[PDB]
*Asks:* 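Below you will find the structure I want to go over with you.
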Amino acid sequence: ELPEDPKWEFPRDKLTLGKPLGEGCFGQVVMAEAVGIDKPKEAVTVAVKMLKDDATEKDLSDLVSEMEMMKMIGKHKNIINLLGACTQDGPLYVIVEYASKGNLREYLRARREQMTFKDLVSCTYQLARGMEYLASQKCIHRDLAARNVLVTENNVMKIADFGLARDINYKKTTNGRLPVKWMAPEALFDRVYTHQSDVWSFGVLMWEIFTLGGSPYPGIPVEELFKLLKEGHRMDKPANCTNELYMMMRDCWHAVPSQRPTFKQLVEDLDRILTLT
Amino acid sequence: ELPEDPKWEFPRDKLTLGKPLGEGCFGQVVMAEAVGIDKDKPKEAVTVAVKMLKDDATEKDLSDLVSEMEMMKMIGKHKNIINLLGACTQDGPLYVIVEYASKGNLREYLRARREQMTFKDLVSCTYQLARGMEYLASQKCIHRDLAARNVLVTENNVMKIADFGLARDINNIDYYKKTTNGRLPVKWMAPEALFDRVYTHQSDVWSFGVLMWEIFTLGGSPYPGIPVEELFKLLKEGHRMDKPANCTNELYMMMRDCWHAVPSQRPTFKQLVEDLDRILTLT
Amino acid sequence: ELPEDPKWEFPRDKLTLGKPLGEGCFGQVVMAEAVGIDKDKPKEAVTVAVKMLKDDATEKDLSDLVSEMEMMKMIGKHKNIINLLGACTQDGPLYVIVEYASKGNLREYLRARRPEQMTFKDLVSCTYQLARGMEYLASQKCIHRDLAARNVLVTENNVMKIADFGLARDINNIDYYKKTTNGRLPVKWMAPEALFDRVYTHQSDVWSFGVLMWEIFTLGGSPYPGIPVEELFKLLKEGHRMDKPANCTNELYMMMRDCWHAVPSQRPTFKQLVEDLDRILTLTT
Amino acid sequence: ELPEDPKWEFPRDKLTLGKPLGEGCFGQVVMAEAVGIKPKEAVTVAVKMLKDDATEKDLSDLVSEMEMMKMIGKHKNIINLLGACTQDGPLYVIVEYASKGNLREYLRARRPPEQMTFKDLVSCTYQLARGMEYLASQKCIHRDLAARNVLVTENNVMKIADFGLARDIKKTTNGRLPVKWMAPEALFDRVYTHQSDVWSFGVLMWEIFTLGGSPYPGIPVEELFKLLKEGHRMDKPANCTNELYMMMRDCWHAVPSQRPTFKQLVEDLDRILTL
Ligand SMILES: Cc1[nH]nc2c1N=C(c1ccccc1Cl)c1cnc(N3CCOCC3)cc1N2
Ligand SMILES: Cc1[nH]nc2c1N=C(c1ccccc1Cl)c1cnc(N3CCOCC3)cc1N2
Ligand SMILES: Cc1[nH]nc2c1N=C(c1ccccc1Cl)c1cnc(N3CCOCC3)cc1N2
Ligand SMILES: Cc1[nH]nc2c1N=C(c1ccccc1Cl)c1cnc(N3CCOCC3)cc1N2
Ligand SMILES: [Cl-]
């Protein structure tokens, strides 16, 4: 039923299972070592993303689309790479890179052995760079939340959850099935997405980073949240982040999409900060 | 955002917060004692289940919860379907107040009894989940998600259907293929919904057959040993799950009947209510 | 060596072959004149077209004819459908004879007369004959799976006749006929349920009939114009349906849309199509 | 929708659509100017594409045909793949263009009542013969060898074509191949052998020597099996020299081991051209 790209395909037999990394509602993945993925005969360890016993058709449609999305994006230091994809006789298995420390939100939450401010800027800098590569490839993430951004072993940040991604190169969905708190007003109300919306989500992502994994829009119910955005309630600055970042961070959250800064602008703005810290 | 249902609204202050009865991936429900709701105008506390969106939320998830409140008001009351005691639409975050089932949901109700359950008792639940469906489909609605995991058993064991938020009104046009197929789990879905993208009343009966399978083989997963990806390939082939152990052939023939390839020829929901009534009567 | 059917047999000596009329992937038909083939008109030569194996013969083709011949025996005579007149089944080559329509297959014939002259009433009238023809098949519990405009032969004086019966199969006790999957059918004229669920029925035929009206209405135009077969599946799930032809009246177009309903239970059955068409037909003058 | 092989894929924009070049009931082939190939120049190619009446099974046959072509490689005397469009949009499989079409027609349109002489008739046989030789040792077999499925190349170079019914090396359905060109060994027991094609080749030789005349003239397909079951063999064509007639008999040998091997046939033919 599912055709196999020759370059991506990997034999089912070669791969070996490991203790499951996680079992989310979105998808199930099991850590595993796959040998000779590149053949160099190296038994690399790759997390595998796969379906649950009961899978929604949209999940089936989404994971497969997520696998396809990885092929288009070029290998980049920040975005999580796809090393090999399996579409054998058995159930579809996707092989991804393994990030030893888990997602960004959970990594900071476990460091409230300490996180110096320079590292926080560095963590922020890498995300901008990743988005910049995606912008060049015209891919829009649609999430950009700390909770699905894998931070790898030796602290190099990695973007993740490309299942929701679409290739940009307005009206295919109402921009539902996405976390509202991390979602842009333009997408929320008019159901269209653009690079700016990721930047707004990225603006929310910065609060996740600067609140040491803290949840955004504290004390506000999602139903209530529709109203504040129209009137302009933007969250106050996190303690650790310096004031200069806030003007940039707040600028990302804008009423009109055109005003919001593009990624090229953000990385360049961010590159200097690391230098003077 | 939210209007006013004078009969439906229940003030936030009257209802009391409680320990959570599970946190679903889609939404969170927390137990509550409803001071305000009146069994017969007592104004005495009655236990209840509050269903609320958890703060991290899907864009659709807010909509689905709102749809669930809207869907239930239209349905009315039947002894085989979950009640709809209250809503807190007027203020704060949406809170939906729905009656509580002591025994819990049917799928795990059966797994934990693999206690003693007589064969007929099992027929009774299957017979019952059929009476409820008949009323539900006689109100020009398609539940669209029938599965054991969503049939809730009350204390004293009276089966109540749940998760009504997904099902859509089919009153004058029968759910043409608008859907993008993210609506339902593949294992419990009908083939026409899976392939054609059309859902009719009959598709609940295809789903109902799997519900008969789950109930009959002690809350067991269907299409076991078969990956979802591979499932589609033999659905066209027509291979179907075999009769669960200790199930009478007559129920199995009824089960296979539900599994008819042609939606038009599947047993009508009235027939299912009618047969089981005869079947159950013998013993 | 096939078993003889006494009624169908037609002596080889009586039949004397004539020049060939087109070629197909199922074999070929050569015009022939058979003496007194039609009962109640004995000792007369009535032109007949004989379906015979192509010099190069597909094994499926040999089997195909045998099956095709069997279908003719069961359907029974009808003014609007091609009818078996006789058959050659004995020792030697197997010639199967079938009625000869002077004008030819309908889609091409229409393509003959796009501004010859064809008035709108004839186009509506022509559809009525096909709908009536289909009803007999529905009544006789058989389904013509490949019901498309190109295969409908129209006779001299326009008595439209159905054709290319090898695909159609009996449904005496089982309605779906779900066993056959993707063996040999056009995607564009296939119904949606059958294409995806591998089930065919009479409501399923009407969808093929639905398209057949469109081909006929726009002078034998190809169905689903400008859209490739490969990408047809995606639009079909989404609900795209071809637009009404410029020639078409609104009333016919609603029936066309009516014949394309997603749910088979909902589409009209052939009795309704013939009845609805008859009224529309009545007001033509 | 379909996995794209990087080597084979050719961008849709690059190849101008062009116009029709003959037709077949199963699929449609249309000539086109395909810029590029590693010439880096624009030259004509015939792309085979799904026809309007798309059979459900027809799509599978097209994919199999593309697959067959990929493994074979390139030979002088056999039509070989020139890359295919693949994943984006509609699927067109591209093959090399032949100028004069199928050989059977080419021979018919060269019957008197510069026509080919006897050496030219022999020359076609050698080419066709060597091509089977190239195909031979690839662990592949054509399964349908006849004049129509053989395509001449502008400037007279013969190329075997229409590779869909080939399975690179007996559970096959064996419904879709013609009775007359089928090997007796193959038709009756449904067995398929690399050298079972010599009979097909033996029949093919006959088409060339009578400039395309239909094989077993006067014998209907229905009655054909009986003659094959008993001892029988097509008559030697008038144009062909007697030495060839025996080759056909040798090619038609009752048991598969006995039919001359493709190297043998090709080697035997060379002497004849050489002589
Ligand atoms: C797909 C993928 N690729 N790489 C991954 C990974 N998934 C996650 C993950 C975490 C929570 C929820 C969902 C998921 Cl999918 C992950 C989790 N825990 C890791 N850790 C092991 C060692 O110690 C700390 C914990 C590592 C991970 N990395
Ligand atoms: C919406 C609703 N209405 N009524 C409900 C209820 N939700 C559930 C539930 C069950 C499975 C998955 C999700 C959910 Cl939300 C529930 C769970 N467990 C119960 N039991 C308490 C006492 O101990 C045994 C267990 C009772 C429940 N009742
Ligand atoms: C089986 C049969 N029965 N009757 C037939 C007939 N076959 C055909 C035919 C047509 C299209 C495709 C396939 C076929 Cl087989 C036919 C063709 N051409 C005719 N005409 C000759 C004189 O010029 C005008 C045209 C007449 C025909 N009649
Ligand atoms: C695969 C391929 N490669 N090259 C091809 C070609 N297909 C054919 C062909 C022939 C018979 C049956 C099927 C087919 Cl598909 C072809 C036919 N006729 C040509 N002629 C053009 C000029 O006028 C006389 C006719 C040219 C052709 N070229
Ligand atoms: Cl139906």
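Chains are lettered A, B, ... in the order of the sequence lines. What you see of chain A is 467-504, 507-580, 596-652, 657-764, where the numbers are those given in the PDB entry. Throughout, chain B uses the PDB entry numbering, with the displayed residues spanning 467-580, 596-764 in order. Chain C is numbered as in the PDB entry; shown residues: 467-581, 596-765, in order. Chain D is numbered as in the PDB entry, which gives 467-503, 507-582, 596-651, 658-763 for the residues shown. Every number for a ligand or one of its atoms is a count from 1 in the order of the listing. Side-chain atoms are counted along with the backbone in the values below, which use heavy atoms only and exclude waters and symmetry mates.
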*Asks:* Match the molecule at ligand 4 to one of carmegliptin, selumetinib, tinengotinib, rotundine, roluperidone.
*Replies:* tinengotinib
*Asks:* If you rank chains by contacts with tinengotinib (ligand 4), which one has the most, by name in UniProt?
*Replies:* Fibroblast growth factor receptor 2
*Asks:* From which other chains does some heavy atom lie less than 4.0 Å from tinengotinib (ligand 4)?
*Replies:* D
*Asks:* Name the organism the PDB gives as the source of chain D.
*Replies:* Homo sapiens
*Asks:* Any covalent bond between tinengotinib (ligand 4) and a chain residue here, and if so, at which atom?
*Replies:* none
*Asks:* Map the residues of chain D that contact tinengotinib (ligand 4) to UniProt domains and give the domain with the most.
*Replies:* Protein kinase
